[PDB]
S.K.: 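Just dropping this structure here.
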Amino acid sequence: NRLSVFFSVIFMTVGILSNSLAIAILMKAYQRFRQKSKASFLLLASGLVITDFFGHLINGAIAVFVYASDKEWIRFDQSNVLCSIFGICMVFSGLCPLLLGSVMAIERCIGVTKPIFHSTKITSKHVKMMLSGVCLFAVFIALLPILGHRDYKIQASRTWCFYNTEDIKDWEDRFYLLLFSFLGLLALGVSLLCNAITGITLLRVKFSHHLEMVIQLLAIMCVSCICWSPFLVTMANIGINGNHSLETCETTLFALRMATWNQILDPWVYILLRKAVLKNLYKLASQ
Amino acid sequence: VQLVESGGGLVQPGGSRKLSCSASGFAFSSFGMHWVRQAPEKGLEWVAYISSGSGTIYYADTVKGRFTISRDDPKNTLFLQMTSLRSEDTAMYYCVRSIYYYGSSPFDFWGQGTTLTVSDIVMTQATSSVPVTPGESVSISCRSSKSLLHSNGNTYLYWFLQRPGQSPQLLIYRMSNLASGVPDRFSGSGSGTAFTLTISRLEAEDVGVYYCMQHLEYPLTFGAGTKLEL
Amino acid sequence: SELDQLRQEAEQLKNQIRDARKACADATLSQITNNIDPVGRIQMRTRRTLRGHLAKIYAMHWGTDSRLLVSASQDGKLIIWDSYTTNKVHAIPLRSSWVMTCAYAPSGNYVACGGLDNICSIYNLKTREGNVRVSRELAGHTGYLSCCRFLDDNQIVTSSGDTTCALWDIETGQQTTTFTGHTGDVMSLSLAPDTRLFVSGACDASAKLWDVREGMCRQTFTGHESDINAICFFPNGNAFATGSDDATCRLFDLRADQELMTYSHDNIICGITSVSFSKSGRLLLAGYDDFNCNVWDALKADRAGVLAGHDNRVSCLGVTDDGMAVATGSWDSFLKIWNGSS
Amino acid sequence: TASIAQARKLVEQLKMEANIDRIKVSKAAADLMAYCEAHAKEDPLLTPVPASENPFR
Amino acid sequence: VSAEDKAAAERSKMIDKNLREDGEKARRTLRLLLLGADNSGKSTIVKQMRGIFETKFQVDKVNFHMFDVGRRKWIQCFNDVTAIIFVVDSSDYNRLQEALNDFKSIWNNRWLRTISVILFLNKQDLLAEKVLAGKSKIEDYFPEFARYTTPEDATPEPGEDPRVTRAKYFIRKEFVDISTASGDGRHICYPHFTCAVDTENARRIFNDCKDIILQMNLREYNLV
Ligand SMILES: CCCCC[C@H](O)/C=C/[C@@H]1[C@@H](C/C=C\CCCC(=O)O)[C@@H](O)C[C@H]1O
């Protein structure tokens, strides 16, 4: 009913195109800015768009095949290989953008509040360690159910695999949902807190590019919460209320599609919706 | 440049002994180090190699698992911890330096050596002894089981001269290049698996044993040895 | 009185030289070389990219074996590269980080560098200790060292910002010959293939031909409108090319004592930092401030190709002695190796 | 008397440059054209070598 | 890859390790280019804070490297310094126009389009005495000073003569007018009034360097 092939195809199509454009722009921009400084923001932003590109590609491709297979998971995934792979990708595709945004907020909070310390003490090695440390931490959490002998179960829509949310019994079963929501909300909270300190300091310092950055911070804070709060709270709701929660299939499916747009809008909120970027895109289309 | 070895002596079979090589007069940390032993009335045999910075270590099959090679760059000392010593381990152990870059000369310097007493590509030197006279040109031939000419154009063949009672001395590296401090009369030529060393206007100092060593791949294997005698 | 009379004679001599050049300017290189076929489009791909410098690269110089090269960067590092395998053979830390030029000895035993410290330091690459050490510090220039070139292991010619060039005896550390006559800072010098003459370019928009053994200026070439930043001899030594801030390259002839051809385009407005010739001299390669490197048909003044692979100003370029490849440095701290494909 | 000494030096230098033998430009132009034609075959940048003969594959 | 090629490539990577370690140590200090005329007195500013003269001073555990070179060509070497310390003598009205033209060449340099200048209008004690004496008039050299009035938004220091404040604001405005004439925010001038006994020059550089680096980050975060 509410689910269809075209809904995931359109999100996959638009999400891939948005991230591909941001990667190309980040390629040229990084070369220009790596000469001036270490360009730590451009490194993290490149990882965020690259990670989101694989999330839209890996998870989007599986869903189209599932829809084309009439959702017959028993007939085509009897060994449960696809669902476990599907579950791992879904956790990584969502936990990594949230953790990267949290680190991207802390990095630019130091870069604004203590620009000298961010330049003389923080090195290019540390930025790549944080970029790799976040991705490794997201893989560790994604592989945690596998190492805990658990598995990812097929969701109610029968078109995506994720944590076990229906009829949770064991304390470890609810632990994974709580951990994912706790990490998702903690990353959301630090992202809001650090983007606020950056915005508050800039306005006090301002009173050239301060208003452009402040508008950017507001777009980051609003999009990251309007999209991820409906899904992260729902997982925390199920993890505590269990099956007694009023978490219907339509409620969680809709919360998933909103959280999908966070990775779709990240190329725009971070890269594309910028005054310098938009000017180049205008001339490129004319040429 | 100096390399002094110590710690050798008479040991019982199955025991352990520690060899120390004190390096002075050069940048020790920049040179890869080798241990090469020579059994009494026998040829040279490569034992172990520790690279610059200790990042790469190689051992011979006859000593792998029993010998431990280590270096102390701040103290400029090279160590060789030997365990489970056999009667076959009785030899003179030489501390050898080698630096590797484009156009370098590995095995340029050899240590004095220490005496230890216990109570694959094949290099062929068929002619063990050659009667020679001063002022007469002498040619020494070498053979290899595998073609030493690599795809990068280099032919990794090395020539060493061991005068009686002294450490071996590098003459030719990579089959054609004359080492620094070596008289121009020595010349090396070869192609594929056959090589020749020519000694024009032989003198008294040219008397010694000549070994051909390959450096195409590990382990590093020497020849039997060709002796020039008056 | 006497000074007024003398300065009028100098003006007459300038007219005498100027009239003589017009007398022998019977034809133009464009008219002579109009018949020959064009070289077509010169397509060179980046075969290698040399990474490892952490600041702007000021100068590079190929070795005579066409495989080793030395680059100088303002991070205080003189790095010797193996261009075939991109390996770093040596890393020489400099006492002063403001290095502006680098030289590779034709024997390969030494490298030289110098910058704002007014010292041309000589480094010995072949030591028994296994490390590169400073062998000689050539002091005596009162300005920044802008270029230096080896003649042998004991002779090196350096151009300075004090408007003087010098020939040094490395063994004694003293300058055998001092070259004077430039009114502006000398920015470059090019040794002739026989190493008996060398041209120098200065900020006074003039190129002077010097005799190394004699020690005096033989010819003076003008025509540029701003500072000359790069000078390069023709392969046979009977001509040379210059690059200046007026966005033009000029081919000067030694025997004819006058400019033969100008290499300029309307789209090009940026200064020229480096110039070099191919092995046959048919192609002129010039580095510009628009981050590109243009390949010119030296005989027809046509832009044969573009080497656009750098993200900052192309500070230097060089062609190997065998002419197989061209290396371009830039302020983006990257060196690229270029050559064509069949 | 620094200026008067410099004026003599400049005049003396200009005399030497005016007394050199200057050949015709067409003669000098042909020499460059002849050299480029003679060495055209041995110019890897002008005439790209086969990939087997390129040290920078 | 042969046995010696591998050992050579291992040597290269060890060299790569020491290259990157030296770059990290290089970035732990901020590089300052010191400029000024013969009468500027920039040496006294250096000594109080403490052919190339280099000085190192520390402010809040931050190390500054200041280069005093003793120029359109060699100025390109300092293409990536944090700031240029341009020191002028404001008391010398005769040589003020020399400083203004000197400042304009540095500001409009093609290779200094992104370098911010920390202007030190040195010798304010001499400037105050010169205005009080009245022997020399700024209007003699600058005709527009007669019609120049101190803005109502000015904040002169307590116990400062209005004649001194009017002179200081006009001298400062001449340099700032050059700075705002071109650049479009790529670099900013930071004028300050110092004397021969002031001990806050080092801290003024530290506070101005923070804004220079902060503006550098804002371009990276925005001009993607
Ligand atoms: C938990 C975090 C999930 C975010 C993953 C990533 O950001 C986006 C994944 C999207 C993916 C959603 C996975 C299953 C779709 C179920 C909705 C249906 O079948 O209608 C595809 O719709 C395409 C892609 O845009």
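In what follows, every chain begins at residue 1, and chains take the letters A, B, ... in the order their sequences are listed. Because only heavy atoms are used, hydrogens play no part in the values below, and waters and symmetry mates are left out as well, while side chains stay in. Read the numbers this way: they start at 1 and go in the same order the structure lists the ligands and their atoms.
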S.K.: Got a name for the drug at ligand 1?
M.R.: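 The name is dinoprost.
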S.K.: Which chain is the largest contributor of contacts with dinoprost (ligand 1) here, and what is it called in UniProt?
M.R.: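 By the greatest number of contacts, it's Prostaglandin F2-alpha receptor.
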S.K.: Other chains with a heavy atom closer than 4.0 Å to dinoprost (ligand 1): which ones?
M.R.: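 Going by heavy atoms, that would be A.
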S.K.: Using a non-hydrogen cut-off of 4.0 Å, what is the binding site of dinoprost (ligand 1)?
M.R.: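 Non-hydrogen contacts come from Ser8(A), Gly55(A), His56(A), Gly60(A), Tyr67(A), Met90(A), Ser93(A), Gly94(A), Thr159(A), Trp160(A), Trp228(A), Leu253(A), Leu256(A), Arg257(A), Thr260(A), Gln263(A).
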S.K.: Atoms of dinoprost (ligand 1) less than 4.0 Å from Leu253(A) heavy atoms?
M.R.: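 Every atom of dinoprost (ligand 1) under 4.0 Å from some heavy atom of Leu253(A): 17 (C).
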S.K.: In dinoprost (ligand 1), which numbered atoms sit nearer than 4.0 Å to a non-hydrogen atom of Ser8(A)?
M.R.: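 Result: 21 (C), 22 (O), 23 (C).
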S.K.: So is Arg257(A) polar-close to dinoprost (ligand 1), meaning N/O to N/O under 3.5 Å?
M.R.: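 Yes: some nitrogen or oxygen of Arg257(A) is under 3.5 Å from one in dinoprost (ligand 1).
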S.K.: Within the 4.0 Å heavy-atom shell around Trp228(A), which atoms of dinoprost (ligand 1) are there?
M.R.: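 It comes down to these atoms of dinoprost (ligand 1): 2 (C).
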S.K.: Could you tell me which atoms of dinoprost (ligand 1), counted from 1 in the order shown, lie closer than 4.0 angstrom to a heavy atom of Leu256(A)?
M.R.: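 Under 4.0 Å from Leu256(A), dinoprost (ligand 1) has these atoms: 3 (C), 16 (C).
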S.K.: If we only count N/O pairs under 3.5 Å, is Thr159(A) in contact with dinoprost (ligand 1)?
M.R.: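 So dinoprost (ligand 1) has an N or O lying under 3.5 Å from an N or O of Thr159(A).
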S.K.: If you number the transmembrane segments of chain A from the N terminus as UniProt does, which have a heavy atom under 4.0 Å from dinoprost (ligand 1)?
M.R.: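 Non-hydrogen atoms that close: UniProt segments 1, 2, 3, 6, 7.
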S.K.: Short list, please: which atoms of dinoprost (ligand 1) are under 4.0 Å from a heavy atom of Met90(A)?
M.R.: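 The list of qualifying atoms is 1 (C), 2 (C), 3 (C), 13 (C).
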